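Check out this one - paromomycin stuck to 16S rRNA.
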Amino acid sequence: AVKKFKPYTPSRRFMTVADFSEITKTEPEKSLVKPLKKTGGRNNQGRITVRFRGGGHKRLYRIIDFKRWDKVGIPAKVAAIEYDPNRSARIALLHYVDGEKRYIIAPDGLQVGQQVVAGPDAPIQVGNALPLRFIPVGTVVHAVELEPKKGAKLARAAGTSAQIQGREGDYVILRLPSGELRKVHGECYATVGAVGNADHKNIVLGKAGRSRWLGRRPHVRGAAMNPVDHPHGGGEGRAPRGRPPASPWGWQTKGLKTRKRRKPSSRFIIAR
Amino acid sequence: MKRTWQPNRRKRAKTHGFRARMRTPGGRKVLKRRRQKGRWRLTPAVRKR
RNA sequence: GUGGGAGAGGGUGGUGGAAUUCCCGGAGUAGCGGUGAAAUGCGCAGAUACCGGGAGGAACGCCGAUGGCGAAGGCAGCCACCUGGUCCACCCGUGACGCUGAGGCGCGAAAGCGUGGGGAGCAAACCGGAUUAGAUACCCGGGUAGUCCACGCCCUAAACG
RNA sequence: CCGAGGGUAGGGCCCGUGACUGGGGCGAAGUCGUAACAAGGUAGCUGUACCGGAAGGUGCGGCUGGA
RNA sequence: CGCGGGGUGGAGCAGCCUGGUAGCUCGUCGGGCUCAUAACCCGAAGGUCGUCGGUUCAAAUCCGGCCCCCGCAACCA
RNA sequence: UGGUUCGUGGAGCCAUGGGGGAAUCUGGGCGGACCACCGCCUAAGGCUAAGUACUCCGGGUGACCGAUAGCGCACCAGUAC
RNA sequence: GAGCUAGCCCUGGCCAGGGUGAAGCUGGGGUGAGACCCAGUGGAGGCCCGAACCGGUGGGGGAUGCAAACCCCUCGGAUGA
RNA sequence: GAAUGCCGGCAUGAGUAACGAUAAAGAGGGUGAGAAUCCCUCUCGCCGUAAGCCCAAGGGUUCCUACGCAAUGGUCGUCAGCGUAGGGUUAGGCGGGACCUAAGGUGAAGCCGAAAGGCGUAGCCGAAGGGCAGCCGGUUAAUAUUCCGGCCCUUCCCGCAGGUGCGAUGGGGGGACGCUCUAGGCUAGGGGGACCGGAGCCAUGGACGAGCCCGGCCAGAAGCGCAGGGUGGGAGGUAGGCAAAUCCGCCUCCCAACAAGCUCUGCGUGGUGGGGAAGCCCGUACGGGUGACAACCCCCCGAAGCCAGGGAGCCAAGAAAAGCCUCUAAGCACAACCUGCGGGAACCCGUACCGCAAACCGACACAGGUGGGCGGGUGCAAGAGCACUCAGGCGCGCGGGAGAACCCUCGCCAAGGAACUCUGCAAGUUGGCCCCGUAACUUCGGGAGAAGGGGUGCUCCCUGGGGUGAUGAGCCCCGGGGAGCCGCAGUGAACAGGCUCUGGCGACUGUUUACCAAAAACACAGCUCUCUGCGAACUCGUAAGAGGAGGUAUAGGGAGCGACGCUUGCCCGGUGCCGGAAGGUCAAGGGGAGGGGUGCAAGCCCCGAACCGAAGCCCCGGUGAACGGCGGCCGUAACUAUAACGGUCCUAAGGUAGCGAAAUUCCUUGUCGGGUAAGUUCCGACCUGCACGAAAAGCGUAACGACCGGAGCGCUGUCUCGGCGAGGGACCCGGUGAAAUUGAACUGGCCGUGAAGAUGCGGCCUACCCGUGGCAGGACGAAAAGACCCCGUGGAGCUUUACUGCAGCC
RNA sequence: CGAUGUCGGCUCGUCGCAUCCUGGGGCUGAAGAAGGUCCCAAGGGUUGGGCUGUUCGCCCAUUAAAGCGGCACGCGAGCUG
Ligand SMILES: NC[C@@H]1O[C@H](O[C@H]2[C@@H](O)[C@H](O[C@@H]3[C@@H](O)[C@H](N)C[C@H](N)[C@H]3O[C@H]3O[C@H](CO)[C@@H](O)[C@H](O)[C@H]3N)O[C@@H]2CO)[C@H](N)[C@@H](O)[C@@H]1O
Ligand SMILES: [Mg+2]
Ligand SMILES: [Mg+2]
Ligand SMILES: [Mg+2]
Ligand SMILES: [Mg+2]
Ligand SMILES: [Mg+2]
Ligand SMILES: [Mg+2]
Ligand SMILES: [Mg+2]
Ligand SMILES: [Mg+2]
Ligand SMILES: [Mg+2]
Ligand SMILES: [Mg+2]
Ligand SMILES: [Mg+2]
Ligand SMILES: [Mg+2]
Ligand SMILES: [Mg+2]
Ligand SMILES: [Mg+2]
Ligand SMILES: [Mg+2]
Ligand SMILES: [Mg+2]
Ligand SMILES: [Mg+2]
Ligand SMILES: [Mg+2]
Ligand SMILES: [Mg+2]
Ligand SMILES: [Mg+2]
Ligand SMILES: [Mg+2]
Ligand SMILES: [Mg+2]
Ligand SMILES: [Mg+2]
Ligand SMILES: [Mg+2]
Ligand SMILES: [Mg+2]
Ligand SMILES: [Mg+2]
Ligand SMILES: [Mg+2]
Ligand SMILES: [Mg+2]
Ligand SMILES: [Mg+2]
Ligand SMILES: [Mg+2]
Ligand SMILES: [Mg+2]
Ligand SMILES: [Mg+2]
Ligand SMILES: [Mg+2]
Ligand SMILES: [Mg+2]
Ligand SMILES: [Mg+2]
Ligand SMILES: [Mg+2]
Ligand SMILES: [Mg+2]
Ligand SMILES: [Mg+2]
Ligand SMILES: [Mg+2]
Ligand SMILES: [Mg+2]
Ligand SMILES: [Mg+2]
Ligand SMILES: [Mg+2]
Ligand SMILES: [Mg+2]
Ligand SMILES: [Mg+2]
Ligand SMILES: [Mg+2]
Ligand SMILES: [Mg+2]
Ligand SMILES: [Mg+2]
Ligand SMILES: [Mg+2]
Ligand SMILES: [Mg+2]
Ligand SMILES: [Mg+2]
Ligand SMILES: [Mg+2]
Ligand SMILES: [Mg+2]
Ligand SMILES: [Mg+2]
Ligand SMILES: [Mg+2]
Ligand SMILES: [Mg+2]
Ligand SMILES: [Mg+2]
Ligand SMILES: [Mg+2]
Ligand SMILES: [Mg+2]
Ligand SMILES: [Mg+2]
Ligand SMILES: [Mg+2]
Ligand SMILES: [Mg+2]
Ligand SMILES: [Mg+2]
Ligand SMILES: [Mg+2]
Ligand SMILES: [Mg+2]
Ligand SMILES: [Mg+2]
Ligand SMILES: [Mg+2]
Ligand SMILES: [Mg+2]
Ligand SMILES: [Mg+2]
Ligand SMILES: [Mg+2]
Ligand SMILES: [Mg+2]
Ligand SMILES: [Mg+2]
Ligand SMILES: [Mg+2]
Ligand SMILES: [Mg+2]
Ligand SMILES: [Mg+2]
Ligand SMILES: [Mg+2]
Ligand SMILES: [Mg+2]
Ligand SMILES: [Mg+2]
Ligand SMILES: [Mg+2]
Ligand SMILES: [Mg+2]
Ligand SMILES: [Mg+2]
Ligand SMILES: [Mg+2]
Ligand SMILES: [Mg+2]
Ligand SMILES: [Mg+2]
Ligand SMILES: [Mg+2]
Ligand SMILES: [Mg+2]
Ligand SMILES: [Mg+2]
Ligand SMILES: [Mg+2]
Ligand SMILES: [Mg+2]
Ligand SMILES: [Mg+2]
Ligand SMILES: [Mg+2]
Ligand SMILES: [Mg+2]
Ligand SMILES: [Mg+2]
Ligand SMILES: [Mg+2]
Ligand SMILES: [Mg+2]
Ligand SMILES: [Mg+2]
Ligand SMILES: [Mg+2]
Ligand SMILES: [Mg+2]
Ligand SMILES: [Mg+2]
Ligand SMILES: [Mg+2]
Ligand SMILES: [Mg+2]
Ligand SMILES: [Mg+2]
Ligand SMILES: [Mg+2]
Ligand SMILES: [Mg+2]
Ligand SMILES: [Mg+2]
Ligand SMILES: [Mg+2]
Ligand SMILES: [Mg+2]
Ligand SMILES: [Mg+2]
Ligand SMILES: [Mg+2]
Ligand SMILES: [Mg+2]
Ligand SMILES: [Mg+2]
Ligand SMILES: [Mg+2]
Ligand SMILES: [Mg+2]
Ligand SMILES: [Mg+2]
Ligand SMILES: [Mg+2]
Ligand SMILES: [Mg+2]
Ligand SMILES: [Mg+2]
Ligand SMILES: [Mg+2]
Ligand SMILES: [Mg+2]
Ligand SMILES: [Mg+2]
Ligand SMILES: [Mg+2]
Ligand SMILES: [Mg+2]
Ligand SMILES: [Mg+2]
Ligand SMILES: [Mg+2]
Ligand SMILES: [Mg+2]
Ligand SMILES: [Mg+2]
Ligand SMILES: [Mg+2]
Ligand SMILES: [Mg+2]
Ligand SMILES: [Mg+2]
Ligand SMILES: [Mg+2]
Ligand SMILES: [Mg+2]
Ligand SMILES: [Mg+2]
Ligand SMILES: [Mg+2]
Ligand SMILES: [Mg+2]
Ligand SMILES: [Mg+2]
Ligand SMILES: [Mg+2]
Ligand SMILES: [Mg+2]
Ligand SMILES: [Mg+2]
Ligand SMILES: [Mg+2]
Ligand SMILES: [Mg+2]
Ligand SMILES: [Mg+2]
Ligand SMILES: [Mg+2]
Ligand SMILES: [Mg+2]
Ligand SMILES: [Mg+2]
Ligand SMILES: [Mg+2]
Ligand SMILES: [Mg+2]
Ligand SMILES: [Mg+2]
Ligand SMILES: [Mg+2]
Ligand SMILES: [Mg+2]
Ligand SMILES: [Mg+2]
Ligand SMILES: [Mg+2]
Ligand SMILES: [Mg+2]
Ligand SMILES: [Mg+2]
Ligand SMILES: [Mg+2]
Ligand SMILES: [Mg+2]
Ligand SMILES: [Mg+2]
Ligand SMILES: [Mg+2]
Ligand SMILES: [Mg+2]
Ligand SMILES: [Mg+2]
Ligand SMILES: [Mg+2]
Ligand SMILES: [Mg+2]
Ligand SMILES: [Mg+2]
Ligand SMILES: [Mg+2]
Ligand SMILES: [Mg+2]
Ligand SMILES: [Mg+2]
């Protein structure tokens, strides 16, 4: 839906906030299962190695369930859907009959009170997790494992999915959010449905501060700098570059393919 | 204005203390040099309890 | 009201095959495209033609009509749901309850605008190749918006009987 | 007190005028090209959009005021 | 003032560096087609190569001096 | 590749990072590519005095200084600052 | 050497008093249902005036200074990047 | 004898400048060898959201007392933060530690690295964060929440007594949390009082008066009362909480839906303890006594503090661990653990004083900087603002006279009002609040405090709402209406926008050259390109590893452009990147045709053509929100002019829209038009664009701006054109007393001359010796071994298709 | 070049004369008035504004006139910037 504001201030005239109506009466989270201390820090042991990180709201990590094959066969009741500061998506709090409480990343269409479960069994319904094999060709799916028993790694961003395209002996072909065509092992779990919160892309930050709230420090142009700092630094009053556009570290930034050629992963990929 | 000396007993101790110098080869040599020199004070005297 | 009947009338979901284009595999050569005639273009880096597989999008041949439905604009493969109008029989009920309708409100092809999606074929603009005195055209080879979808605007027409 | 009127301040309407600019009307025999009327030599007309010295062309859908 | 590029039939251009032959398009002229004009078709005409000098057997062409033309430069103060 | 006087040189010898990979005296290395001959040694395990270097420390001597010299310090100096 | 300075990380603190009055909620109106429109309530904001505070705009003074960056009048922000 | 030489010493300027905020002083009396400066009293002035008081950090003897004055104090000094000596810092409850964890640090296991070393789960260290039991008075010259008095607590250990399965570093519960707005009841603090207490006091015209002045509390266990925080009770089934659980969790039925009940805090009350002014007398440097058997009561305001884990709203979604509750395991159940009561045990370190400052950081008793808490009263709409002022603390450690110029700071002015000048720079007008009233334009919010106005004090009369009180008085907030009064003037003092029009640039709030630039620069939401499939790309590191990310294409990196609106045309020839199982070339390697050196030979050892050989390049295609680029010369219309039209040459293609003498226009003050008496600027146009132009974006744009340009109104010492006045200096006296500079000096003008600008040489002219206050023409005056310029085969930062390497990648 | 601060403005002047004005004078194609042109002559005077950093210049309104130049393009230990 997206919340919109009137221009009672500049920067409030474009600003735009998510709709939280799917956030069920459960705004503060769940101890026990999560949260952990989350360790803010824009850099490695010592030095900054990703520029322009820092500031922005304190967070608690929700330790979510990315391998659903523990509770094969054990169903769970979806108890709530809550805000997760550390991902684009929303998260489902679910209660297993087992007693155990996990969070699943919350797919589009998930309703509270719903039944959900994981395993070879598993009715093909939104919320359920299955090894890729038993899932019908053509169904859209998410939180897909890359290699079996290694955890969900594909399609967890808000409003993303992959579609099952066909099969090939032990592998089923996937079409990933990027549009790539991937052979992913049959035995990999993946949960049916799309991610949801799909209006995430429609949000307009609206002002500088908002950027900072999310811990995004001001990014400065190479043009703004000096020859010591950047290939684009200097010279006089503005300058068009004077070389093929580059990163600060000298590599070209328009076109230069960067995936290494001889990756053994290659023989499992069929697209862009 | 604000000058450059902003005394702190803990800082002076953690920074220039006998135990800091002892911790690394760089520092151990400092004690060696100061000893051979005949320095009355190997490290700065940080006070208080 | 009871009882039926025809329908491309509307919205939503789902699905089928033919064909085009791209990919892969097989077999296979020396030309294929194209026009009034040609050229640009494509092709021994293996084209065109043929077979096999895959992907994707748009439009539904035959039925099909000089036919049907709608208030118009308009609506055409199939299935299901939801829903509007309408016509007949019976003459049961109400009982003048009617007609039109400034303004208002809604609907309104195509092209067009916004946000996001999709993009096979076609195709403004655009670039080529011919034609001409010149061609910013007609013909030829390419090709982006757009054409398709969702939501929101736009209100025009030979919206013509 | 009110009060003609003067003063100040800011609006609304109307008329006049302005370098320059926009298109228009009218003016016997200046230029370019051929768009239309005959299948006008690309049927025409049309709403829209884009492009073009110009008439105009082309895309989309429409109409018979054409076969 | 400095620099380097240019003047060729009526128009615009080639021809020079490897000296001896000046060619292309348009235009002009005569004829044909048409009722007529353009288009089109058949024929023809047309150039002291900016001027001055000599180098050579021979200069559009090589080298100097002027002359217009074009472009660049003129910076630190 | 380093070492040697040796800087790729006709470039040996002595070490080695990488690859291939023997033999036990009629076996192996060397004498400046290489080959023949004649000779010299006996690799891939270790230890080993003395002669040699140095002067914090003590002693001796000085065509060495004599308090701006001589050690930074003749003096409570690596101090005060 | 980051006891100045730059950035980030962990944990605390501070921001007088005024204005302006977004959404929403409530009632009323409108419709077939809506949109929408009226109040009333509400208390949003890199909103406004303005201290503390954080700055350093213009002018003057100061120039062997009170001061190796200061003072005076003036001025920007002051719930946020 | 020279080195802007080194070390030292002493001159010069010079009794000069200065003596550190313009908050300010005067006098009487002491002490003393000696008083502007020390003690005291009286008067005066300054601070008072401090210039008062309390914590922290830092400092480290500076605290208190006695005796001292050579030095330290910008003067003096009997004084002191100075010198000598002596004393002074008392804790189970305050802070820190025998408690816990954060970032980070260290680090067993483990990984890595020539060595040094680098990583690194558990653990350990790490604190203004969590946990945690003392409040109010009195004493010292100097400490006290530490000693003492009263009242009240916590842990241990050992006992008795009564309960229960007890029982772990292990499970679970809790602890446990954002920002803004906030209710109810409280305390802190404050205002009033005809009421209670109190020394006293009638002044100078009046007043013996519900007269003035001073003061009317603090702490406090159990138990109560008022607020308020936390929280459901059963019973079953159980596969999860990494063994086990009765615990938690999940399901299912019953009872509650309430704070009813249990707790747990805060506040009042409390046995009791304590405090208790003005004024007067005293002798202190200061405190003591009396006032007093002090009284110790009623109203009202009221927090940002308390109840606290209160409530509502919002998105950016808001530490950890221990203590504490509970659950069970090993074990043990003559243990143990809980509850009650006794007795005993309770260590270590800090404690002085300074602390917005003369004791801290600035070489100084330095106009600077320094974190947290309290910070009274009255008035001004409010307030931590502003004026006065409590408590309390100060007069800033040189003075005294004078009444010149000149400077700083301030006040006022005839007439004119920007004529000043680069510019209204500066200075002035304006100013708070209530009420009228407000345009273009606009993104519908704004522009808006637009503009422009009026009201503002005091007195009496009538009168409307609330709050606290019972529905009332008072007390406290807000209002309305009616007469009148005084002054030049009623936010009568202090604090408190000058306004408009129109362009440029940037959308906007923000950021920046700390110490000459705050901007039109950076940033910014947003837009497009491009890389990246996850052991991602990329970045740091030799590595291990880490960031990215405990993320996964709506995500992450790189680049540009920079809200928004309308839009971003053509060129892929070169360079870049992307795509091409063809070809050409291409190294090590493979291969050996063939030949060479020695050997009597078997042999050993050399070169070596075909030919198979990667990426890279060449070659073939693509691609401009990739690097970039986007023409010339002639002719032509029935007045001239001009050129829709044409010819030709070249290119990869020949700048479209829109803008244009511009932050771009050289010729240039282009040419018209507007503002003006007059306009190199400014605004609107034309286009002949030296040398605009479409994401180094193009043309626009409401709003915003300590940005930059132009105009007008208002107002003024900016100016005509100055004048006067104030105070701080300047000047004279007493006290302390520098500095750069300096070859030596017995240092005149003119015309000459001289290395070409002479106090010094020549001629001439002038001129008695020495100072004081002033002015700056000169001493090519001081200051910096010229910044510009050149030179040196001097140095650095930067660039690239300079050379040569290296990391990196293929 | 071990430093001669560099445009313009302001402030204060001063000097030369090849004089802009005023005084004196000759010729004039000087009727008079007013001009023209040369000679003598510096004693004194030589305005205020608009644009521009400007010097200069162009205007505006006046005037007896709106003089040229020198003094380190006079003058920054005098100011401005
Ligand atoms: N005529 C009415 C409107 O104006 C234009 O018309 C004007 C012009 O286009 C037109 O020009 C014509 C030209 O078209 C035609 N081919 C040649 C003719 N000689 C010209 O003629 C014109 O100019 C001359 C002077 O030179 C006058 O004397 C004459 O009257 C006038 N018509 O003359 C018209 C003036 O009246 C539009 N073209 C026309 O279609 C439109 O409807
Ligand atoms: Mg690192
Ligand atoms: Mg480290
Ligand atoms: Mg978008
Ligand atoms: Mg940036
Ligand atoms: Mg820069
Ligand atoms: Mg570089
Ligand atoms: Mg430039
Ligand atoms: Mg360039
Ligand atoms: Mg550059
Ligand atoms: Mg094939
Ligand atoms: Mg029906
Ligand atoms: Mg009937
Ligand atoms: Mg009737
Ligand atoms: Mg009708
Ligand atoms: Mg429509
Ligand atoms: Mg359409
Ligand atoms: Mg468009
Ligand atoms: Mg669209
Ligand atoms: Mg096509
Ligand atoms: Mg076509
Ligand atoms: Mg019809
Ligand atoms: Mg008009
Ligand atoms: Mg036609
Ligand atoms: Mg025609
Ligand atoms: Mg036609
Ligand atoms: Mg059309
Ligand atoms: Mg076209
Ligand atoms: Mg008609
Ligand atoms: Mg002819
Ligand atoms: Mg220079
Ligand atoms: Mg230069
Ligand atoms: Mg060597
Ligand atoms: Mg080896
Ligand atoms: Mg050997
Ligand atoms: Mg050998
Ligand atoms: Mg040998
Ligand atoms: Mg030999
Ligand atoms: Mg030997
Ligand atoms: Mg001697
Ligand atoms: Mg000595
Ligand atoms: Mg001696
Ligand atoms: Mg010495
Ligand atoms: Mg820091
Ligand atoms: Mg506020
Ligand atoms: Mg409202
Ligand atoms: Mg507010
Ligand atoms: Mg604000
Ligand atoms: Mg405060
Ligand atoms: Mg700053
Ligand atoms: Mg300032
Ligand atoms: Mg000065
Ligand atoms: Mg301020
Ligand atoms: Mg503000
Ligand atoms: Mg403010
Ligand atoms: Mg000498
Ligand atoms: Mg000396
Ligand atoms: Mg003197
Ligand atoms: Mg003096
Ligand atoms: Mg003096
Ligand atoms: Mg003083
Ligand atoms: Mg005063
Ligand atoms: Mg005496
Ligand atoms: Mg006062
Ligand atoms: Mg002492
Ligand atoms: Mg003392
Ligand atoms: Mg004494
Ligand atoms: Mg003294
Ligand atoms: Mg004495
Ligand atoms: Mg003492
Ligand atoms: Mg102990
Ligand atoms: Mg500890
Ligand atoms: Mg370590
Ligand atoms: Mg750790
Ligand atoms: Mg610990
Ligand atoms: Mg604590
Ligand atoms: Mg404690
Ligand atoms: Mg004390
Ligand atoms: Mg006690
Ligand atoms: Mg137990
Ligand atoms: Mg626990
Ligand atoms: Mg009290
Ligand atoms: Mg009396
Ligand atoms: Mg009282
Ligand atoms: Mg268990
Ligand atoms: Mg007393
Ligand atoms: Mg709460
Ligand atoms: Mg622990
Ligand atoms: Mg103490
Ligand atoms: Mg104390
Ligand atoms: Mg303080
Ligand atoms: Mg003090
Ligand atoms: Mg002092
Ligand atoms: Mg101070
Ligand atoms: Mg000090
Ligand atoms: Mg401060
Ligand atoms: Mg207060
Ligand atoms: Mg107050
Ligand atoms: Mg008050
Ligand atoms: Mg006020
Ligand atoms: Mg104040
Ligand atoms: Mg005046
Ligand atoms: Mg006056
Ligand atoms: Mg006036
Ligand atoms: Mg002026
Ligand atoms: Mg002037
Ligand atoms: Mg101006
Ligand atoms: Mg001003
Ligand atoms: Mg305005
Ligand atoms: Mg009045
Ligand atoms: Mg800006
Ligand atoms: Mg600066
Ligand atoms: Mg500044
Ligand atoms: Mg600024
Ligand atoms: Mg944009
Ligand atoms: Mg990693
Ligand atoms: Mg991570
Ligand atoms: Mg930019
Ligand atoms: Mg472009
Ligand atoms: Mg190109
Ligand atoms: Mg290319
Ligand atoms: Mg190409
Ligand atoms: Mg390639
Ligand atoms: Mg080879
Ligand atoms: Mg190759
Ligand atoms: Mg074009
Ligand atoms: Mg122009
Ligand atoms: Mg003009
Ligand atoms: Mg003016
Ligand atoms: Mg004018
Ligand atoms: Mg203009
Ligand atoms: Mg530009
Ligand atoms: Mg561009
Ligand atoms: Mg821009
Ligand atoms: Mg513009
Ligand atoms: Mg604007
Ligand atoms: Mg700003
Ligand atoms: Mg600004
Ligand atoms: Mg004045
Ligand atoms: Mg005066
Ligand atoms: Mg005075
Ligand atoms: Mg004196
Ligand atoms: Mg000297
Ligand atoms: Mg003399
Ligand atoms: Mg001379
Ligand atoms: Mg002499
Ligand atoms: Mg002389
Ligand atoms: Mg003198
Ligand atoms: Mg002088
Ligand atoms: Mg002076
Ligand atoms: Mg001078
Ligand atoms: Mg020099
Ligand atoms: Mg050289
Ligand atoms: Mg010089
Ligand atoms: Mg000198
Ligand atoms: Mg000098
Ligand atoms: Mg004369
Ligand atoms: Mg005369
Ligand atoms: Mg000016
Ligand atoms: Mg002069
Ligand atoms: Mg000159
Ligand atoms: Mg000049
Ligand atoms: Mg000068
Ligand atoms: Mg001077
Ligand atoms: Mg300047």
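Just so we're on the same page: letters track the sequence lines, and every chain starts at 1. Header says: X-ray crystallography, 3.6 Å. We count ligands from 1, going down the list as the structure has it; atoms in each ligand are counted the same way. All values below were derived from every heavy atom in this structure, side-chain atoms included, with hydrogens, water molecules and symmetry-related copies excluded. Shown: partial entry. Contacts: counted within the shown part.
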Legend entry - Structural location of paromomycin, copies included: ligand 1
Inset, instruction - Report the chain letters of other chains having a non-hydrogen atom under 4.0 Å from paromomycin. - result: D
